[PDB]
Visitor: 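Structure with isoniazid, see below.
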2 protein chains.
Amino acid sequence: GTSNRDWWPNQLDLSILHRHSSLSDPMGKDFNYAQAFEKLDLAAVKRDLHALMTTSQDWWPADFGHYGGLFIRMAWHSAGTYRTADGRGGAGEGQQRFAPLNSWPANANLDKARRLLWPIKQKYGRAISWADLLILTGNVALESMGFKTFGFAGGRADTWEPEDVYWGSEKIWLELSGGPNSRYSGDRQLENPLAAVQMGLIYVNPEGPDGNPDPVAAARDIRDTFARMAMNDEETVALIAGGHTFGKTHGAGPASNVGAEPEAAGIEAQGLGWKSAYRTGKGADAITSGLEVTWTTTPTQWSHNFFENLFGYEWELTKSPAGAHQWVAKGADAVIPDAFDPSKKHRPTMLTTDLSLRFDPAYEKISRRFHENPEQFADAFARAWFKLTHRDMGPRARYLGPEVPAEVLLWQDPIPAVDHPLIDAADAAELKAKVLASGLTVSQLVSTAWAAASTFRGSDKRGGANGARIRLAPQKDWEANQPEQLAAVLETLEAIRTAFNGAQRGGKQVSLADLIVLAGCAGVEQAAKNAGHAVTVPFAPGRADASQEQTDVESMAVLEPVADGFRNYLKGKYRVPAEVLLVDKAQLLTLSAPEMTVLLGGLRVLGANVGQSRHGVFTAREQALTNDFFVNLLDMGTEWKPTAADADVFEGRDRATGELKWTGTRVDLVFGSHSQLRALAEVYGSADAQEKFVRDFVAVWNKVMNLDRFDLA
Amino acid sequence: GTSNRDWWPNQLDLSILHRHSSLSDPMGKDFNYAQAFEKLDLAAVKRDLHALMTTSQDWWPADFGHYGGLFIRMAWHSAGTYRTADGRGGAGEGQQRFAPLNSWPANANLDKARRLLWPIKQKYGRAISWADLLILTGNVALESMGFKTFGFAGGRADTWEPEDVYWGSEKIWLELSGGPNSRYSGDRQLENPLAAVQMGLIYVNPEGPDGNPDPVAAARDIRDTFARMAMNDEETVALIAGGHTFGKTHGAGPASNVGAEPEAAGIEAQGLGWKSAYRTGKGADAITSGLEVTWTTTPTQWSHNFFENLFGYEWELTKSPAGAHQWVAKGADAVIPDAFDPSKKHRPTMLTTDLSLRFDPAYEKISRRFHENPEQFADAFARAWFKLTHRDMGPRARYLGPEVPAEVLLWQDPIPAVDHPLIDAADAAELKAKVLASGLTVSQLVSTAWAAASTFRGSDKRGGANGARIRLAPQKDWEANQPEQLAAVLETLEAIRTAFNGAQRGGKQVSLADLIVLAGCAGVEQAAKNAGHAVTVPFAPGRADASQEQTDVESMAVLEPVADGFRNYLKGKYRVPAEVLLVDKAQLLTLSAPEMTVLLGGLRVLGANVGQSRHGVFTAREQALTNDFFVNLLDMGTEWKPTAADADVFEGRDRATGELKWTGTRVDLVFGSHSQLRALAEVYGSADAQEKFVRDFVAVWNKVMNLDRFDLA
Ligand code: HEM
Ligand code: HEM
Ligand SMILES: NNC(=O)c1ccncc1
Ligand SMILES: NNC(=O)c1ccncc1
Ligand SMILES: NNC(=O)c1ccncc1
Ligand SMILES: [Cl-]
Ligand SMILES: [Cl-]
Ligand code: NA
Ligand code: NA
């Protein structure tokens, strides 16, 4: 059945903005997962999960009688898809249970893992999400095998359809680099936003780069991909060695025995996949990755045996029973237990990527320190495991339950507590009047608040105006933020703040974060008055100001907008067309298509463009809040053509005279081209729509200003 | 970016159920188009449209100084995509403005026509939908040129995204038949549900079948396709001859001069397409279809000159300037005006398909009658044009405005007015108890109401329980409806009805349509009580009973369910898998995925399966409303395998003993296989879900009962 995507495969896709509707959600519109979770008997769940660890099912028998390694890998993979570039992936939406991730080759046989959890899921129902359950199970596996975790927070609400994520352009699972859709160019440069080396892998290839078994070169891929997942060297070594303290790999026969992944399997498979024709197809005969490695002498118990083995033997290249490259300890005795036969023992073995921890010189130093100081290793792995499994949860205010660690961690972009009375409505009116009396313009006020608030992304719930980080490095220096203009606005706002705060009694004060937002609100109010309209913009105080020392500058870099269509900004020339980048940004902001449309048309007339560019400024009353953008864009009296100098800039001329009336970018003109966007533009550019435009703009502005306000949830 | 559809291109697509969310709609949740339209000054709109007809724009100059022909074609094409097989297509949602229809080759240059109407649309805003305006414009065109229309109803609310419609499997526009995705098999049998001969055409090819200029053979295609759009021979001849009384075709140079369709065009084209490099690219130089025919001596005025020409000349095969086959009048004088040069005249010309109206023997009889009796022609055309343009509007209760025809037409499936007081809540409780005391079972009551209500389809708003057509031919004899069982239930309910109506005073009575629905309600209440749960199912009276004489039996044939997964029914063996047909039925019913899931699992346990099949009846308390379907389907203690006898029937055995527990079809087991459906099944199969399951089942039951109740809007 031929679809619009088949006919016009390069047209923009707006359905990514209308996922996660109330239509596909089985829960009622008022369901609130946090409230459900807070009444869950978490201790009861943990007891059931402990019991499960050794309750082997015949359809997927437990290695060593204990499912803890399988479950650790399950949780690691749930979290392991995360990319710092866009915040997409990670454990926080339980997406491992949907396509494509439920069928990625690196997630083979995790379908078995999730099915073993169904009885617990069923028993507790809506009070524990899948997303929370996958991580809790990994924690219980660790605790059951003798490792004390750093903590756990609930609050990951389940989702109900697959997320629209760019995982790459390859059309073959696991394709090696340098193909027609290669994710690598130049000197092994991985394309942003990807954080895995091959399609369907989590980070790297366990046999080495493109399957070449060189631990030193593997190390380079490990370092690059783990950095793209927010992990530094210490955290990376801790996580790999910690993980591989447990369990084993599965490669008992040739891979050709393994059948269809879950999304390809027959209906009778009931949601499972990778059925194997090799012997019994399971247990001792299991095939997952094709490798056949067991790292430690006690795979079901926390030990220091990983680094004893890594450093205590020399390693020889060998092949598993499926033909994959792996390593075996030279001259060693058979000390590693077998998973099923108490009469068999094995020599120590390692993956290429485990050997990276010894043969990359930076990792070796860390590995050696962990080998000599196992308490340091345990602590580092506990912290890293917490970070891994919570990286996408957002502000600490979202963290639920009795096991939430009290320690504030720098990676959480922490916001200080508020310990003083907040400004009330009379105070807000007094501060808005002061801001308008200062001489700051509508353009300056709107631009500044936009800059502050629009760093939010719902993928990992980082960013937003809380914290006033726009005043800190590195946000204050970002090109999109107009550093010189920004500094002049912030100086004026800090002077208003100081004067207000110095007049108060009783401990009342206003944060700069709140004042930035409030000042933006006053700009929008002033713009509405400029257009003849009496409008009140909602404001909620309670933001606090974070310090520079609470703001990791390197972690903040990935929130820099290199493309922000809402300010007609593109930092460089990219291969993805700018209107696709606009839709991607709207998706991070949580905006629907109508919201994206009204927001952009209003920002253009308020003067929010970077550098005061006239591109898309289709009005003769800039700084007045009108629907002019739409009325003019849709005027058939104007003809548009790309310029000679630049095919991405367009000139709009009077059709009868040839006279130039406007210029615009692709982001501007897509609203007049795309057949669904133009239908939305037409609503706002109709003669009956001015009041609707204003009230919808105010709503979407307020939505953006509050995106990170989980303190008010 | 590789997507799930790329990896698993045969997986079922649930997004067709989650279109039209409040996310994509720019109007507020409380917007009601009928309320807006009812205050529109329709007379004023029509005056503006009359003026537009002769106000040429230079970017697409008006033929003969009058846009009326263009607008009639535009309205015909808006309505012309309709297919009776599924009710999809038609003018009722304004879909011509979205992909793919906005870029179909048969819709070339209607982009121009729609752009000409933006100033009117913009002036009247939300009070007139695009969908209504396209039709209204065609009627104003006709009236402006001296044709008296049969009337007009508003009420087509605008939609905001493309509908998911199967338009064929070809991958090339206009592909001729007999390719690898041919829509024809056997002796020119067009595949259901299609109603056009080539991808991107409305009905037929104007040169003749696959381009062969044989009017007799073309007639066959005309007849078959028009019948698939609900038009008989008289209506067909009236429409084609009526339409081709006006305007002209456009084929002034070779087609290779015409560029990209709108969805493919550059951003600068601002939603227009087919830009032509031939001479001026417009007006006298226009190329649309590649044919160059003008039918009448007065292309801007109603006449009977089409038939005077068709019958008054003999016709010679010729080629247009673009190379297309067309016909010209032998020996004729130059009597047809030129569209732009008042000093040029032309010979009469015809399409192959016009000549069909004379050379097909059945058409010739009708055409000759219309030629001798142009008043008969005018009346048939007016009636046919109203039917064409209103065919998908639904019940007459949806028809809005001051020009609705008072005549009730048989094709409307009319419902008599109610002229008596309705039963109240106490009466409804008395009737439910009488029904339960009769001895009718939960299964009989649920199955009968299901059968009556589930003929609704939201594509053209036909069907539903209003009318009590289930008691009439042909519904009473449809296999899915279990004719002997149904007859028994209807007899019992008619005796209840007689006894209740005969005891009343004051004219109060209950219709059989209402009592069928109410009885189903009593069944669902009784099932809930069987499960230990007291619930009240909502009921709204006011349906009426239609007569056999008010029921077109042949038109009702297309509403027969040949596949109804909700009753585990498949009338024959089809190429599309049964799970895909389920989702298609759910889309017709207007159900979301959650709604489809609850509804099916509840129907299975209430005994709604046709023939009392055990397939999917995963309960030991049939006729009790419980979640047992979900809990049993999802039990990993059961293993499923296709049977030897039938690969589409599955046996569920205990995994440890081999004992047979259940049997199921693909429709049952898809809820345990598909990863999004299984996620829904898990919510209703959880230990906390009994209350939710009952509540949600009652809500979707009541939704289905009320689908055709536009009298309550
Ligand atoms: C360079 C990064 C890594 C690579 C290439 C890698 C590779 C693999 C492979 C190939 C398997 C075997 C799959 C099978 O055949 O069953 C595996 C198993 C496992 N991995 Fe990793 N791993 C990485 C990092 C991690 C990390 C960060 C964790 C967790 C903290 C982890 C925990 C596990 C555990 C517990 C198993 C055993 C599974 C079982 O017992 O069933 N791994 N790893
Ligand atoms: C067998 C069915 C039909 C065929 C094959 C057909 C074919 C065509 C073609 C090839 C054109 C020229 C497109 C262009 O080059 O501009 C056209 C024009 C037109 N058709 Fe039809 N048509 C059919 C039925 C109808 C019907 C049912 C109506 C309306 C009741 C209609 C009304 C018109 C009008 C008004 C025009 C002239 C447009 C103008 O002046 O711009 N047609 N037809
Ligand atoms: N822990 N990571 C894995 O299990 C894995 C990585 C690459 N191919 C298969 C599995
Ligand atoms: N693909 N996932 C995200 O982009 C996301 C999820 C939730 N809200 C904003 C963005
Ligand atoms: N009235 N129908 C048309 O305009 C048409 C039919 C087939 N190809 C192009 C245009
Ligand atoms: Cl995601
Ligand atoms: Cl449709
Ligand atoms: Na994420
Ligand atoms: Na329809």
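One letter per chain, A onward, in the order of the sequence lines. The numbers used for chain A are those of the PDB entry, and the residues that appear cover 36-748, in sequence. Residues 36-748, in that order, are what chain B shows, numbered as in the PDB entry. Atoms within each ligand, like the ligands themselves, are counted from 1 in listed order.
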Visitor: Which entities in the file belong to isoniazid, all copies counted?
Guide: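 In this structure, ligands 3, 4 and 5.
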Visitor: In this entry, what is the main binding partner of isoniazid (ligand 4), named as in UniProt?
Guide: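 The chain with the most contacts is Catalase-peroxidase.
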Visitor: Tell me the other chains with a heavy atom below 4.0 Å from any atom of isoniazid (ligand 4).
Guide: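 Other chains with a heavy atom that close: A.
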Visitor: Which UniProt-listed heme b-binding residues of chain A does isoniazid (ligand 4) come within less than 4.0 Å of, going by heavy atoms?
Guide: none
Visitor: Which atoms of isoniazid (ligand 4) have any heavy atom of A/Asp199 under 4.0 Å away?
Guide: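 Going through isoniazid (ligand 4) atom by atom, the ones under 4.0 Å from A/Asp199 are 1 (N).
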Visitor: Check for other ligands or ions less than 4.0 Å from isoniazid (ligand 4) and list them.
Guide: ligand 6 (chloride ion)
Visitor: Do any heavy atoms of A/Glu128 fall under 4.0 Å from isoniazid (ligand 4)?
Guide: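 A/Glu128: in contact with isoniazid (ligand 4) (<4.0 Å).
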Visitor: Of the side chain and backbone of A/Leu624, name the one, both, or neither that has a heavy atom under 4.0 Å from an atom of isoniazid (ligand 4).
Guide: neither
Visitor: Side chain, backbone, both or neither: which part of A/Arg492 comes within less than 4.0 Å of isoniazid (ligand 4) when only heavy atoms are counted?
Guide: neither
Visitor: Heavy-atom contacts under 4.0 Å between A/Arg123 and isoniazid (ligand 4): side chain, backbone, both, or neither?
Guide: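 Looking at A/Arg123 and isoniazid (ligand 4), just side chain atoms fall under 4.0 Å.
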Visitor: Which residues form the binding site of isoniazid (ligand 4) (heavy atoms under 4.0 Å)?
Guide: A/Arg123, A/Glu128, A/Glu198, A/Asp199, A/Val200, A/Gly493, A/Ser494, A/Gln622, A/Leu623, A/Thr625
